[PDB]
Asks: 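I came across a structure with ibuprofen and want to understand it better.
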Amino acid sequence: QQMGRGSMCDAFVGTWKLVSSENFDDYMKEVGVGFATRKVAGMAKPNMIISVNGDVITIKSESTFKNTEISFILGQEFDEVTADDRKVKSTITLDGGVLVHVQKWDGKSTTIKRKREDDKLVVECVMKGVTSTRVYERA
Ligand SMILES: CC(C)Cc1ccc([C@H](C)C(=O)O)cc1
């Protein structure tokens with residue numbers, strides 16, 4: 001085994017904490033999340049842990065609502081059970097410097113984008129015409 005080199009994806013790696021959220025309840029409504037789940041999920045201030053090991057990216061969300069973990073290879077679709085218990089087919093790619101996560105279920109689709117902006121990790125969640133912006137800071 002030799003030490004691998006880095007990647008552009010290293011800008012995402014680390015431990016992040018949610019510091020702001022806008023329009024998340026409206027995004028969740030558009031997604032189809034029920035009232036009680038929306039209320040509890042909207043209160044959560046997760047930590048998000050992003051790591052890379054070879055071609056495998058792991059995104060771990062630790063919260064008081066749910067914990068989730070996904071591991072994947074860019075461009076390669078996988079099964080995901082979301083925090084609100086949708087069973088989706090997901091593909092994550094890069095669009096420039098943006099991690100683009102598309103989730104498909106029940107004939108619906110939503111896109112989550114993660115991008116570095118200054119010292120922040122900005123998350124855009126889009127369902128149809130509804131966008132929510134969530135901002136993480138280094139933990
Ligand atoms: C709560 C439900 C809609 C699933 C869910 C949970 C977290 C997030 C964003 C990506 C984040 O990690 O802050 C989007 C969607």
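Starting from 1, each residue takes its place in the sequence as its number. We count ligands from 1, going down the list as the structure has it; atoms in each ligand are counted the same way. As a basis for the values below, the full set of heavy atoms in this structure was taken, side chains included, without hydrogen atoms, waters or symmetry mates.
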Asks: By the name used in UniProt, which chain has the largest number of heavy-atom pairs within 4.5 Å of ibuprofen (ligand 1)?
Replies: Fatty acid-binding protein, adipocyte
Asks: Just wondering which fatty acid-binding residues from UniProt for chain A are within 4.0 Å of ibuprofen (ligand 1), heavy-atom wise.
Replies: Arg134, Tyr136
Asks: Is it the side chain, the backbone, both or neither of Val123 that has a heavy atom closer than 4.0 Å to ibuprofen (ligand 1)?
Replies: side chain
Asks: Judged by non-hydrogen atoms, does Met48 sit under 4.0 Å from ibuprofen (ligand 1)?
Replies: no
Asks: Which residue and non-hydrogen atom of the protein lie closest to atom 3 (C) of ibuprofen (ligand 1), and at what distance in Å?
Replies: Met28 CG, 3.7 Å
Asks: Could you check which of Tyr27, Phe24, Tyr136 puts a non-hydrogen atom nearest to atom 11 (C) of ibuprofen (ligand 1)?
Replies: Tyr136
Asks: Counting from 1, what ibuprofen (ligand 1) atoms have a heavy atom of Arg134 closer than 4.0 Å?
Replies: 9 (C), 11 (C), 13 (O)
Asks: Give a yes/no on ibuprofen (ligand 1): does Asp84 have at least one heavy atom closer than 4.0 angstrom to it?
Replies: yes
Asks: I'm trying to map the binding site of ibuprofen (ligand 1) - which residues have a heavy atom under 4.0 Å from it?
Replies: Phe24, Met28, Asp84, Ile112, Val123, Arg134, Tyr136
